[PDB]
Q: 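There's a structure below that I have some questions on.
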Amino acid sequence: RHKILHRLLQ
Amino acid sequence: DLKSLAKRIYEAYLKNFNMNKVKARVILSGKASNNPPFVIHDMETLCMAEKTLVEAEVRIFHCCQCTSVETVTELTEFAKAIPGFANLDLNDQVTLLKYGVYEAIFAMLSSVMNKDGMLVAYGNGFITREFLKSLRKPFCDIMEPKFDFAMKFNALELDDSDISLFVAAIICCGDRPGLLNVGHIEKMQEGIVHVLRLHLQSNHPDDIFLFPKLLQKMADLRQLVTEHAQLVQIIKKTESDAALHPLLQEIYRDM
Amino acid sequence: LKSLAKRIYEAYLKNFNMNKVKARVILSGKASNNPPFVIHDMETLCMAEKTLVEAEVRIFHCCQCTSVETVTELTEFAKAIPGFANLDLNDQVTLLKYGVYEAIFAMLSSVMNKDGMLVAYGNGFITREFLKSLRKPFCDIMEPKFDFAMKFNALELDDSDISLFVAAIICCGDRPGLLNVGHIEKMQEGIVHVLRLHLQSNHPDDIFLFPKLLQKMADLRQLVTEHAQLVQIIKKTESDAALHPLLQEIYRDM
Ligand SMILES: CC[C@@H](Oc1cccc(CN(CCCOc2ccc(OC)cc2)c2nc3ccccc3o2)c1)C(=O)O
Ligand SMILES: CC[C@@H](Oc1cccc(CN(CCCOc2ccc(OC)cc2)c2nc3ccccc3o2)c1)C(=O)O
């Protein structure tokens, strides 16, 4: 899942 | 190859973390090159620095959180500069950093600590280790353990060029749960750790067995985090008044 | 300089958490209060996981811990061997890279008996049978070190002997990549001279002990090589079982 980490690593 | 890797990692570390050991050492046990750092001892000294640069306990718990969130952001950027990290499965990039960040934070947190207290508010504040001990339970148990670890770690006398390489090694760590292509990370770590050794030997000829001493602390950091993780759930459930920035609440869920 | 033995012995007692005396007492020793927790079934392993901090991988990971501690204790032990400080930095590193796992497997014998080995600072005892039991190839980690241990424990060495041996293992001029080879061979001669003189005065009964012992430094070389390969293969076979980066580095190019 991890909505925010996904966001910071794109 | 490894010529760049060390230096590329170091550049990444200088680019993304505004507080570094050199900046922090100057400010600590320095004179007043312009202004020395505002000291926070009594609760009077805390408040008189809450409009200057920003219950009493919960103001601290919230302020800690804020810099953790900034640092996780700096760490996600730092990570994307580690050669090969970008190319990993995004899912893995995320797993590595979830478990990674608070180990990386407590290592780097050592750089602003000395035996008597720690730098806060980007080097403008200095909050005394004694005042933090002073706090009502369980807020007193937050920093002290990180101090204990710091004094041992600062004892190694590392420079930012060393710390950068170590934090990379901490992040790229294929024994985190839930990784898919474990292999591509283990190779990534081998390279980072080889360089870490070679670097320590040429840069600390005085202490040739620094590399082994350092790496046995990767274990102590895991412990320190776990112990932190428990104490955070307890503060989250002790005070309904002091909850957790959703990023931190997300790195913590199931750890 | 008849104290060289004693200085090395002091260094050996100062740096290593477990030694033969501590281990012999705990093994076949009365419950001074409580005897050491036995690990047979997979239930008995788990029962001791959170007690003092998959199934096969828990073992592979746990082993790693004490290896890592011991490398560090060994780098300190090494800096107490007279003349070691003065060696070329580069050589100090080469001697210890090849040295440590030999010194580990020698000292690992001191916690072993025919039935199992002491772990977790003397509080655990994990049965040789349970370790055989493990899924291939994890069963082939410990058994060979047991085989070696039984033969080595047979020599009946005391810690004062073992200290001198481990020093002799470390200061070893036939490691690959040594520069000042000569100044090490001198350093070994001194340590090994003392080792023999010590064995003659301490074990007058067994006057073939010094030669018997020496031919074990060879078996240890083998045992390590065989270990080193088996570990790389488990690291690369199982995505589930990683290797502490220190160990992965002491193994790199060996
Ligand atoms: C929610 C619980 C929280 O715990 C901790 C525990 C330890 C460290 C942190 C993050 N941190 C502490 C500064 C905040 O401390 C004050 C104190 C007083 C103050 O006065 C206004 C302002 C700030 C920090 N500093 C750093 C400097 C360099 C590198 C990394 C650093 O990490 C948070 C967490 O888990 O995130
Ligand atoms: C990954 C491969 C790994 O192989 C080995 C192989 C043999 C020995 C070791 C190191 N060793 C740990 C054995 C117990 O390890 C546990 C600990 C707890 C436990 O409970 C779950 C089970 C096993 C040990 N060295 C000692 C030196 C002196 C005295 C005692 C010692 O003991 C590692 C390596 O290369 O590091």
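By convention here, the chains are lettered A, B, ... following the listed order of sequence lines. Residue numbering for chain A follows the PDB entry; the residues present correspond to positions 686-695, in that order. Following the PDB entry, chain B shows residues 203-256, 267-467, kept in their order. The residues of chain C that appear here are 203-255, 267-467 by the PDB entry count, in order. Determined by X-ray crystallography, 3.2 Å, according to the entry header. Atoms within a ligand are numbered from 1 in the order they appear, just like the ligands themselves. What you see below is based on every heavy atom in this structure, not just the backbone, and it leaves out hydrogens, waters and symmetry mates.
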Q: At ligand 1, which drug or drug candidate appears?
A: pemafibrate
Q: Look up in UniProt the name of the chain with the most contacts to pemafibrate (ligand 1).
A: Peroxisome proliferator-activated receptor alpha
Q: Name the other chains in heavy-atom contact with pemafibrate (ligand 1) below 4.0 Å.
A: B
Q: Binding site of pemafibrate (ligand 1): which residues fall under 4.0 Å, heavy atoms only?
A: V256(B), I272(B), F273(B), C275(B), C276(B), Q277(B), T279(B), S280(B), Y314(B), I317(B), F318(B), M320(B), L321(B), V324(B), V332(B), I339(B), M355(B), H440(B), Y464(B)
Q: Help me out: which residues of chain B, per UniProt indeglitazar-binding annotation, have heavy atoms under 4.0 Å from pemafibrate (ligand 1)?
A: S280(B), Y314(B), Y464(B)
Q: Could you tell me which UniProt domain of chain B does most of the contacting with pemafibrate (ligand 1)?
A: NR LBD
